[PDB]
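A look at one PDB structure holding dexamethasone.
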Amino acid sequence: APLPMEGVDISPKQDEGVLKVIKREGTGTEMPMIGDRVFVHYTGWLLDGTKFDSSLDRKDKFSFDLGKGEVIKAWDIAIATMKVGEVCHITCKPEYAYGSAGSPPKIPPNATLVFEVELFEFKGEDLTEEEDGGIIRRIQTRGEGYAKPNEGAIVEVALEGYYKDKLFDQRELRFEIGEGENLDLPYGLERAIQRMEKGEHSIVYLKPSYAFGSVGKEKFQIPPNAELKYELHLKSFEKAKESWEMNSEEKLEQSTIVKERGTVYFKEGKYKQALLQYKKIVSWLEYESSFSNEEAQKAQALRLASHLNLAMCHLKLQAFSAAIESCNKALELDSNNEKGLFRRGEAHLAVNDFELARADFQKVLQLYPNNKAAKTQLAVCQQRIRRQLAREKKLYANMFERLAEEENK
Amino acid sequence: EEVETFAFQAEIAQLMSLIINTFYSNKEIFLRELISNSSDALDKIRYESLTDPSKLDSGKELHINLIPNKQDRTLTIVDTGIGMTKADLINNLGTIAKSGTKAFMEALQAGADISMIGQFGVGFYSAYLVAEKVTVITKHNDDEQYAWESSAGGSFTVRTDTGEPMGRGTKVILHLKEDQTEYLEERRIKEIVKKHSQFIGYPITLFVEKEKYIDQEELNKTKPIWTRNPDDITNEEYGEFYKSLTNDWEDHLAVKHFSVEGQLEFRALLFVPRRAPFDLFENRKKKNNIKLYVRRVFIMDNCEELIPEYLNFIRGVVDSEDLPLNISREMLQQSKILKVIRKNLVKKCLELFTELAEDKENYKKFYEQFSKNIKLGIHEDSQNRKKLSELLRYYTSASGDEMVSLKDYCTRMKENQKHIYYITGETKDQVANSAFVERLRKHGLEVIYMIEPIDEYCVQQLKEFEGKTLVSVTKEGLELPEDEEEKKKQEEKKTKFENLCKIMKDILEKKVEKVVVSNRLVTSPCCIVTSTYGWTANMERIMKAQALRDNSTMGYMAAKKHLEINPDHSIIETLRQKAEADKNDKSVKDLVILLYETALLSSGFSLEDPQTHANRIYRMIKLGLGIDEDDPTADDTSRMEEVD
Amino acid sequence: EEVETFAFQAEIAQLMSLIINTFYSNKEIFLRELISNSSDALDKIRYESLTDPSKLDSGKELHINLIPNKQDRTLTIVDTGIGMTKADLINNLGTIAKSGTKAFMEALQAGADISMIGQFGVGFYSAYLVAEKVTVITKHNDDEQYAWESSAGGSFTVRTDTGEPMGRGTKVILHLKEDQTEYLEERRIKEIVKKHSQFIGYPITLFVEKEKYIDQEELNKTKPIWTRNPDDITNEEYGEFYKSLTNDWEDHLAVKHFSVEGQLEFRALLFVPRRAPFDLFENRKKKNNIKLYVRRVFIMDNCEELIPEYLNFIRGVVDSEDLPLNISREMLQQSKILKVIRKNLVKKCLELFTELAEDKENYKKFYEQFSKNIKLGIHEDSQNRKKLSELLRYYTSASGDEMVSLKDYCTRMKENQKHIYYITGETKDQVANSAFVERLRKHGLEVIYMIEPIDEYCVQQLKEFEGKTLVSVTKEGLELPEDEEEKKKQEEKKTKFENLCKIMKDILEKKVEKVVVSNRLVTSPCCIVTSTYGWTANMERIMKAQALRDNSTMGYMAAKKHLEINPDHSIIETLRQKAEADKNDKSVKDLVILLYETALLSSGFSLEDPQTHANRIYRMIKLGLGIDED
Amino acid sequence: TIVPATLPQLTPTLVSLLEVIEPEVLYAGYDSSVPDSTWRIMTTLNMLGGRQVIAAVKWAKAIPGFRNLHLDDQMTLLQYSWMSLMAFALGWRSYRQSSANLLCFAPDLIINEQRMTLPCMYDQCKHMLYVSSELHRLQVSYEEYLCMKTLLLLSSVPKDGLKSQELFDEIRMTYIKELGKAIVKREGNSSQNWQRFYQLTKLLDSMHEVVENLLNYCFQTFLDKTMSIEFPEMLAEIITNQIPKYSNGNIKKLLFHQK
Ligand SMILES: Nc1ncnc2c1ncn2[C@@H]1O[C@H](COP(=O)(O)OP(=O)(O)OP(=O)(O)O)[C@@H](O)[C@H]1O
Ligand SMILES: Nc1ncnc2c1ncn2[C@@H]1O[C@H](COP(=O)(O)OP(=O)(O)OP(=O)(O)O)[C@@H](O)[C@H]1O
Ligand SMILES: C[C@@H]1C[C@H]2[C@@H]3CCC4=CC(=O)C=C[C@]4(C)[C@@]3(F)[C@@H](O)C[C@]2(C)[C@@]1(O)C(=O)CO
Ligand SMILES: [Mg+2]
Ligand SMILES: [Mg+2]
């Protein structure tokens, strides 16, 4: 039924129409930050006891992004001022709801609405490619405009932070995005700076997959696979030109530069950086572009090199399944590429796909009978199979006899 | 202004031709019309004798005689009705649109029991559809016997008869055309007569010359009984009527006899047979076996508008005395009438079934024959869906071998049973032993077993019973009334096996949408469930098997398969440990596939290619038997280091 | 004896009542009739003007106007036809069943190119189905304007017309019944005209008021192209006609323009759609698609008698002059006529399909949408199996992805074949990899793959093709023309393998009919086959899903299962040796069942338990993982 | 002697599947006390547009049939119809909330006539309002709406065709059939259903005019620099990739009905 909400006063300084209501106390933990996804209870009453139909009427917790304005303002504020486990019923003053719009069918214009809010839990933003939580952002106070920097952009950011329980002092960074080792900083801060708005002030947490890796150095007392958190202030940037506005010339020119850079990174053992560089080829050349025949041929050579080296990087990085995908792309471009084929076979052997590994090493020899390594591989594959078969023979040596006995116990 | 006023005229010559050539589509009806005229002739004399018995001094037996004559190509019809005076003979047969019977009815007072067939005035002339010449002999009590003669030449004659006196009544002689002689055969006569007359209030005798002597065969032996008050009719009487009507050696299972008064007058008899016909859904003649009569004369059959198809097993008669007909008397003049008839017939059929259902033994006999029809009714009849559903019966996990109603379900069920649980499948045994119902059995919940293929459609349409929705135990997201402690334990277990969730999905990436940890399995290491939307197992096999279907729809509607893992099986725990130790262990890859294939079969899905299941098994058998490995098995360096 | 002679008379009051109340089944008809009367009026003057052009001095445009008037609750129809003289108003409208049209036709020279609608003399009065009063204004070239009026009360009047001049023609004004005013709506009028009279030769214009001005819309914009010589019609012209006729947006796939000139005369256009047709909107389900017209006027559109159901995707028009009609003009008299028409329509459809078959690409397009109908036509209508079967196409083991005719199979038969081999199943792939075709493949024999559920019904009629017998490769007694040396080897081996047949006959006694030593198999240890007479696994699985199933037929159609053993397989030899050593070895009892269950699945039978099968596997797996008993 | 049995018609669930698939209305806006500078309104709407447009992609991926098209075809169809879909979405929200000439973009922002300060809105709101007006006038149901929205996605192809063309054609007929059912279900009629259908097909075909007139202003706004307009990066990309397909005449309009 509707609550006697008329008996509750307004939260300090909430001229924003947010009620000082507590029905349940929380856990005592801190407040969510900007961008945090706060999972909440959400139900309530609309003006004068009108039922509010919502997701928790079926117990479905709502995921809310704080500070982005995706909900009516009074709700956004209640989240900012509430701790986990706390329950509030906010008599949202109309101006902080739908105003005079009268959002039909259930919101009268200039209506005071009562929303039941509970915080169950929250997380910061995932700034990573996959939902591993490798890079987490908690926005502190700032960020404006809709522009963000990208790879190749020159960025001015103030960086200060922590590792383990010790701090990095503050330094100003003026750099090209993607040059993680010439910041001598975690890979994750590239990926994170690329998502920052001008003036942005935020905290970014890094797990080992984004945190210092082979970029880690003992001078900071930080091992590879580091636990890190940093405070960043983005002041300005010069955004790099995008592929949708690039010329066919520029795409090949930049892909060539990247191939050379990727080659070096790979040779230096900087396989993640090499991988990151070779991917740049791929998007410039895979992106639709009208090339002359000469330009197209150059693009094909560059695309093949990326796909072959990406596979090579994946093999070094033990991403054998990724090596399969990248070498397959290389093989689509060149079906007899000795390196792509040999490497696909290696990736299969690496994960015990012995039969497939053999199929590829056999093909390498059919095309290249002198590939001594393919003979070596092929022979290993065969012996690995033989050993397993022997184990299976032993394993099931008396299978039927044992089952006949089990079935009669 | 000056206005000239004129009367309407008619051209007799053309009018006569239209009646003969454009009004009727089927020549056999000429017999119908002549018989109807005679039955009216008989009712009128009966009516008069009612107040003055001397009217029958000339003869008391009221009957109709049919006398074919092969030798002369003629057919004679003789009645014993009032007959006509010279004046009437001329005025009524010589005037194309006059009707003496209509005038008679107008003369009669309200309360008369007279119901007569006809009013149009043009029926007589239908004789010329088959006749070359027509002669009419008649004797009225108040006049001399006269003979009328004509052909449709535009004139006719009247002379005094010179032959044997008739006493009273009318004798019509047709001289048939040379190619219409089929109407002189006894078989054809009887067929026509049965089809169009049958419930005439007077007996009809057909006089047939045989090996000679005249065999006098009476037709119209069966009397209509729908005309009687039902209170007064015994079950034996209904049974005999039924058998005669349907030529069914067996009796009826149930009968409903009722009437409707006001606006449209009705009487009807609806019978439910004791056996469904073998061709119930196959015969291509029109499905509704309801015959419509007007003033006891057959009008129409095979009318789609009278009954919804799902009730096309009811046999019966509808009779009214007030509907408008077209000129040929072969169909109703206004279709809105049928709309009303249908509404009422359906309503009463449902009442019959409801009442029938109170007798459990008889209901079983009924249901066993007609449950298919009820189910179709659920799909199509949106108005009576809430009544039809109470006639459904199912086997359940509780019910032993008895079938029970949905109401029965819902009173045995438990306080937390906000949903009604059901399972579908090919047969009772498979369903009963299904993994999908074991958890439910553990907690004592009742599950409805739906077996017939048709049930897949009914569940769509039904949705809920008395506010409780139906849920499928083979879909994802099944809710059980679990304890909070149980829920917490189930969640704690999900922090384990995280690696198998991922590894198995990768092994089976191209085959399943998801791999999850579940709670509906308390036996079996795994099962396959379908997501909330799309075709489920059974729905898919049924659709695939239809003789006539477009398979292009199967590119849209298909199951999304999720593989559920039982964390408290020993196979799963062993795999967890083994896979964590080495995620690339070949034996894990192979056993995971084998479990998957097994799960498909046990969950109701076919295999994409059963041969390669079979081959996996054969391989294991060979190893298990010690088949020597001789048959089961056969047994520059820097180029790839180049950085480019 | 003196015999009196009398003429026949008629009662006018009753006659008028019958015409109005019990001749017509509907009310759409009154418009249908008035339009037909106008087109006749126009033809009469058009004809006369051919020998004397001055007839048109009073006006040259020949057309029909429809003018509803909501305010006065009236509807007016105006033609520009010949008109009527005072004498004709009396003789033709005042006399029931008088027909001026008929007399006109009789008075024509025999070669006049005239086809008129009418002869009964009663349609005019259909006006009273919707009117309370009817007023007719007319001008004939040889007379004064006159106004005829009647309420159909048994009299009518004639006055000299003192209103606006017409020049020439007839104007019919209906004063409508108070309760039937939907006929004044633009929507309703258009629906009626399009349904019944869209092929009338003279243009029809509907005049309505809207934001105001009068919107003058021509309704009959489509010409009856079937009247044209077929050689002069282009594909674009047929395509446009087709779209207009069917409210399609897609073109036609094929068309046959045909005519008959015998005792009956007619013309027809038959179209094959590029997509199977469907009921986009509510209509009678299974309505057929051939419309019948007489003298360009619609008569009926769902006469089942016209064409077999299997050809109901043909869309088309049949236009036939001189057929006898019912007084309502909604039905044909003498249904024997339809029998004749049906014979001819079917004959020509088959010729059309034969012609499509010449173009391989187009035939595929055809067949992809319509192969079901061909198959139904094999099953049904047996007199045409001899032609329909040549339109069938199947995938075979030798065709890759092409579908071929039975003629191609025949062409490729080996000299030792007397049989055409086929297999049925669920998918391509499940059949292609089947054990049942392995030996046939070994000997180079081609097998036809039948896939659709419908193929099972069809295959039972197609017993012979060009004298060759059609046989299945999943049944008992399959003949393959191999050398007798193989038979001798089996007889030599049966001496040691019958011991297993006997043991396996005791195991599984309740599940199979028999266990025999076979030779159809090469690599699998065993398989399950169907008896020579009985039903196959595919038949059972489809019968089980019919939904509208009987019960006695399910018992009846159950298959008999025979188990065949491959003697040469290593599993079977190991089994023979152990089984002979100990008949009751538990290991044998379970191995035999496992092989049986496996054989059912690979042979296409559903495994009915199915849980036991799963459980057997689970135990095998536990040992495979090193899991102990406890 | 064994003959085929007839079957009951299976009821399609395509409309209910779509109801499940459809995204929520997204919030966007600025405090109304901030002046309604033409450019502010536009930037706000571009940001809203970007988010709605991406939601429309997962929405499309979830659609039966569509999801089985080669990915390149899926992207092509999304580009060619993205404005038809957004315009239709706006027209719906507008007319459902009010009979007035309002453009209801988000629960946060509704533009009335006095706020249409952009020459484009002054000139083209008549089309935006037209769509709202027609949906209002025609009392369009939600089921019909969803069916039509799907068809708009399928309304255009390259003149060069699609790779999975023979699937595309299926899908199109499939949804035409579903719309026909959405109509029968609200009407209960016979011949009126074809008429209702044409009342609606004519929308879907006139939507091409609505889009092209707006499209030209959209391109002018993006390409020129007359106002302080920020765009989502994703719209900047679709705009420059789409301009040459459009301007070179490489897009084939599939117009369902003519007359
Ligand atoms: N056998 C008969 N005995 C006495 N009167 C007859 C007989 N047959 C016909 N009549 C008279 O001739 C009249 C004309 O009958 P007819 O059958 O032509 O038309 P109807 O029965 O009035 O019309 P309908 O076509 O509606 O049956 C009757 O109304 C009746 O008065
Ligand atoms: N608009 C007109 N202009 C000239 N003459 C007309 C017109 N309408 C009717 N007539 C005349 O009056 C007669 C009345 O014919 P009516 O339409 O009633 O019969 P019909 O044409 O034979 O129709 P049906 O065969 O359908 O009964 C016609 O034969 C014709 O001579
Ligand atoms: C008048 C045009 C049409 C506009 C769009 C119409 C459809 C639409 C509906 C919404 O719910 C949110 C944003 C969009 C998707 C839109 F509002 C903005 O993108 C800006 C837009 C292109 C436009 O305002 C411009 O030309 C300015 O670039
Ligand atoms: Mg009579
Ligand atoms: Mg006429």
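So that the names make sense, note that chain A is the first sequence line, chain B the second, and so on, each numbered from 1. Both counts, for ligands and for their atoms, begin at 1 and track the order of listing. Scope of the values below: all heavy atoms of this structure, side chains included, with no hydrogens, waters or symmetry mates.
The structure holds dexamethasone at ligand 3. The largest share of close contacts with dexamethasone (ligand 3) comes from the chain named in UniProt as Glucocorticoid receptor. For dexamethasone (ligand 3), the other chains with a heavy atom below 4.0 Å are labelled D.
Under 4.0 Å from dexamethasone (ligand 3) lie no other ligands or ions. Per UniProt, the domain of chain D home to most contacts with dexamethasone (ligand 3) is NR LBD. The residue-level binding site of dexamethasone (ligand 3) (heavy-atom cut-off 4.0 Å) is D:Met42, D:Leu45, D:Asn46, D:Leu48, D:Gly49, D:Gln52, D:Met86, D:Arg93, D:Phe105, D:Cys120, D:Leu214, D:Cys218, D:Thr221.
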